[PDB]
Amino acid sequence: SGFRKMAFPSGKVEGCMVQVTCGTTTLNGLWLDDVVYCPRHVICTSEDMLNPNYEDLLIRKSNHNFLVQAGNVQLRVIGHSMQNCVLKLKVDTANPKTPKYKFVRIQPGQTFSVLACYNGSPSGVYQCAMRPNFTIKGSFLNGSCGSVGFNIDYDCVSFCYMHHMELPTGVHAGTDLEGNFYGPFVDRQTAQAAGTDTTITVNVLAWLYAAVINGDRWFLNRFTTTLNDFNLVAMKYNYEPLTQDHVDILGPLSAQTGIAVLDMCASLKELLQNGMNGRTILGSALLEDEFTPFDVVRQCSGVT
Amino acid sequence: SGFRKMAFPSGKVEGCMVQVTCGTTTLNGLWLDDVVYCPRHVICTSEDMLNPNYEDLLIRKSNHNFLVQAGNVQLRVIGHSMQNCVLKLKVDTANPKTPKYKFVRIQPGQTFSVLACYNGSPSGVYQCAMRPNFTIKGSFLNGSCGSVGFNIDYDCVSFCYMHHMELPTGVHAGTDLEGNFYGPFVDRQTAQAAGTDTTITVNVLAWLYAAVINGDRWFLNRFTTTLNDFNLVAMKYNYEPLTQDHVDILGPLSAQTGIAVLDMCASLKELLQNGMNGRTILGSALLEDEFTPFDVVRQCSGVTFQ
Ligand SMILES: *C(=N)[C@H](C[C@@H]1CCCNC1=O)NC(=O)[C@H](CC1CC1)NC(=O)c1cc2cccc(Cl)c2[nH]1
Ligand SMILES: *C(=N)[C@H](C[C@@H]1CCCNC1=O)NC(=O)[C@H](CC1CC1)NC(=O)c1cc2cccc(Cl)c2[nH]1
């Protein structure tokens with residue numbers, strides 16, 4: 001038993017992390033086959049960061065303006081192109097530790113593992129959710145950029161995230177591995193607001209199922225509700241609307257516990273309306289929205 | 001910015017995890033050089049587990065009663081000894097991925113990373129504190145035993161933990177890598193009490209400093225206190241007594257923030273006595289005691305591993 005924020009094992013991803021320097025900017029790259037992927041903002045001076053014409057800046061740059069170190073081994077940069085907000089640096093060497101991999105753009109509400117890196121070295125691994133406003137609540141310092149977010153499926157790494165920036169709210173923004181930002185953000189040195197930070201309703205419910213499987217049941221009521229009655233309340237508390245598809249996603253958890261999604265929806269409704277009175281669920285005095293139904297099953301059936 | 005419960009990179013440890021089977025019992029072992037370390041309870045049937053004579057059970061076993069698989073690779077067992085609550089299985093092959101390693105028995109209030117494994121396959125990594133009552137708040141299902149806890153220092157792995165059991169309170173118990181339990185636990189199919197779960201006071205304070213470095217300051221007051229006045233409140237809430245040594249360890253976080261340890265102690269005292277008024281600190285509506293001062297500095301300065 002027990003329920004923890006669990007990251008995927010980081011071994012397959014550690015092997016792909018390298019250092020990318022350009023002038024004074026150093027950050028992290030992802031070395032897959034003969035390509036290093038890093039944030040295009042590596043080519044900027046502080047002057048350029050304010051209103052960068054990335055097209056023009058990249059024209060002034062040559063292969064030899066990029067210093068790529070993989071551990072102690074310098075990689076020769078033989079090519080440089082720009083795909084949306086990522087630089088693809090062609091190197092003369094295939095990463096021999098390239099794991100089987102995909103690039104996926106994850107949907108809001110989905111979680112992934114972040115391997116936080118400085119100077120191409122892993123510091124640590126933690127789990128994050130792509131919030132509905134397309135931000136993540138991470139732990140990212142200077143030089144963290146190019147750190148990547150990933151999921152592991154069979155032997156296959158799905159890279160979904162590359163870190164580019166911090167927002168004034170202290171939350172984080174980045175791209176998929178094709179360089180397209182999650183959400184409205186631009187790679188430019190400017191205070192950028194995210195939307196209002198709505199709560200991933202289906203994740204709260206999954207987590208409540210995690211709670212029941214681990215013996216926290218005090219919030220179970222004999223009440224029920226309809227999807228439309230639930231959504232009417234939840235909207236008032238900036239909860240994402242719950243869809244039939246979300247009910248279907250929760251099915252396995254619903255079956256393991258014997259509680260219909262709509263019975264649990266009735267429980268969450270009481271919790272939103274009456275608060276928690278300083279009781280805890282799975283050790284939390286707040287409602288947790290960063291576990292997917294998948295995260296909950298992984299931990300409460302034993303997938304490896 | 002941001003402060004998260006962060007585990008060590010698991011790459012160096014992943015290569016050491018294997019499957020150990022004996023009769024129908026399968027769990028995880030740790031393969032370093034030509035030795036596999038697993039929980040001795042791998043030799044038990046359900047009929048034995050309640051009052052096991054491990055000495056007698058192990059005598060009925062031979063090298064060939066142990067199946068060790070590393071991924072698909074069959075390891076031949078050529079030796080077996082019991083040290084405390086671990087089996088050392090001598091195998092014919094040195095783990096080619098053996099990282100530089102130590103075995104360390106960590107102190108209560110110290111943290112480590114747990115690589116949760118089933119059938120010798122790593123499922124995930126999370127950070128845990130050895131609590132003052134020598135339990136950890138983990139996530140462990142059947143077959144998770146032999147999962148290890150570790151720290152990374154430079155390129156050197158310090159293995160401090162091997163998972164053996166759950167307690168009725170829903171917390172976890174295990175050994176160091178020489179098979180000696182943390183705390184009073186025995187490897188027997190029996191509901192065992194941990195002590196009162198005292199709070200690691202030094203860690204709450206470090207975490208409050210982490211909060212200030214990340215811009216949460218609402219709990220800072222004009223007040224200060226003495227160690228003796230603080231401990232008088234702390235004791236009341238089953239907080240560990242704050243020692244002079246703990247004040248000394250908090251020095252650098254105190255200096256980085258410019259809040260004196262006793263000013264932060266004054267803040268914690270107000271938080272224990274008045275609660276948090278339903279506000280959050282680093283996204284928590286409770287006080288977090290599972291970050292060491294060291295964890296806070298590492299994460300807030302951005303320290304990496306070779
Ligand atoms: C990448 N190495 C770096 C990560 C940042 C650094 C600051 C602390 N934490 C992080 O997540 N990204 C970076 O410096 C970016 C580069 C910009 C996108 C082109 N800059 C910012 O994140 C940035 C700029 C501004 C302006 C105003 C307010 C805020 Cl919060 C800003 N963040
Ligand atoms: C190891 N594979 C396994 C891990 C356990 C299994 C149950 C869920 N969580 C875990 O962490 N440990 C295990 O089966 C041990 C084996 C015994 C110690 C030698 N047994 C227990 O954890 C166990 C026995 C009892 C009896 C009463 C109450 C409780 Cl909480 C118990 N836990």
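Each chain gets a letter, A, B and so on, in the order the sequences are listed, and its residues count up from 1. Going by what the header records, the deposited coordinates were determined by X-ray crystallography, 2.2 Å. Basis for what follows: all heavy atoms, side chains included, without hydrogens, waters or symmetry-related copies. Numbering of ligands and ligand atoms starts at 1, following listing order.
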> What name does UniProt give to the macromolecule most in contact with ligand 2?
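The chief chain, as UniProt names it, is 3C-like proteinase nsp5.
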> Can you identify the drug molecule modeled at ligand 2?
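Found there: pomotrelvir (bound form).
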> Can you list the other chains with a non-hydrogen atom under 4.0 Å from pomotrelvir (bound form, ligand 2)?
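Heavy atoms from other chains: A, B.
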> If you look at the UniProt active-site residues for chain B, which lies nearest to pomotrelvir (bound form, ligand 2), and how many Å separate them by heavy atoms, rounded to 1 Å?
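The UniProt active-site residue closest by heavy-atom distance comes out as B:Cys145, 2 Å.
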> Provide the number and name of each other ligand or ion under 4.0 Å from pomotrelvir (bound form, ligand 2).
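Looking at distances below 4.0 Å, I see none.
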> Give a yes/no on pomotrelvir (bound form, ligand 2): does B:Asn142 have at least one heavy atom closer than 4.0 angstrom to it?
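Within the 4.0 Å threshold, so yes.
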> Relative to pomotrelvir (bound form, ligand 2), is B:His172 under 4.0 angstrom through side chain, backbone, both or neither, heavy atoms considered?
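The side chain, only.
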> Where on the polymer does the covalent link from pomotrelvir (bound form, ligand 2) land: which residue and which atom?
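Covalent link at B:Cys145 SG.
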> Using a 4.0 Å heavy-atom cut-off, say whether B:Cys44 meets pomotrelvir (bound form, ligand 2) through its side chain, its backbone, both or neither.
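Looking at B:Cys44 and pomotrelvir (bound form, ligand 2), no heavy atom falls under 4.0 Å.
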> What does the PDB entry report as the organism for chain B?
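Per the PDB, it's Severe acute respiratory syndrome coronavirus 2.
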> Report the part of B:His41 in contact with pomotrelvir (bound form, ligand 2), treating N, CA, C, O as backbone and CB onward as side chain, heavy atoms under 4.0 Å; options are side chain, backbone, both, neither.
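The answer is the side chain of B:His41.
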> Short list, please: which atoms of pomotrelvir (bound form, ligand 2) are under 4.0 Å from a heavy atom of B:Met49?
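Atoms satisfying the 4.0 Å criterion: 17 (C), 19 (C).
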> Most of the residues of chain B in contact with pomotrelvir (bound form, ligand 2) belong to what UniProt domain?
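Most of them fall in UniProt domain Peptidase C30.
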> Check whether any heavy atom of B:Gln192 sits under 4.0 Å from an atom of pomotrelvir (bound form, ligand 2).
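No, B:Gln192 has no heavy atom closer than 4.0 Å to pomotrelvir (bound form, ligand 2).
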> Identify the binding-site residues of pomotrelvir (bound form, ligand 2) at 4.0 Å, heavy atoms only.
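Going by non-hydrogen atoms, it's A:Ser1, B:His41, B:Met49, B:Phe140, B:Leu141, B:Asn142, B:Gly143, B:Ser144, B:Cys145, B:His163, B:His164, B:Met165, B:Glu166, B:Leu167, B:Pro168, B:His172, B:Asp187, B:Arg188, B:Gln189, B:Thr190, B:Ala191.
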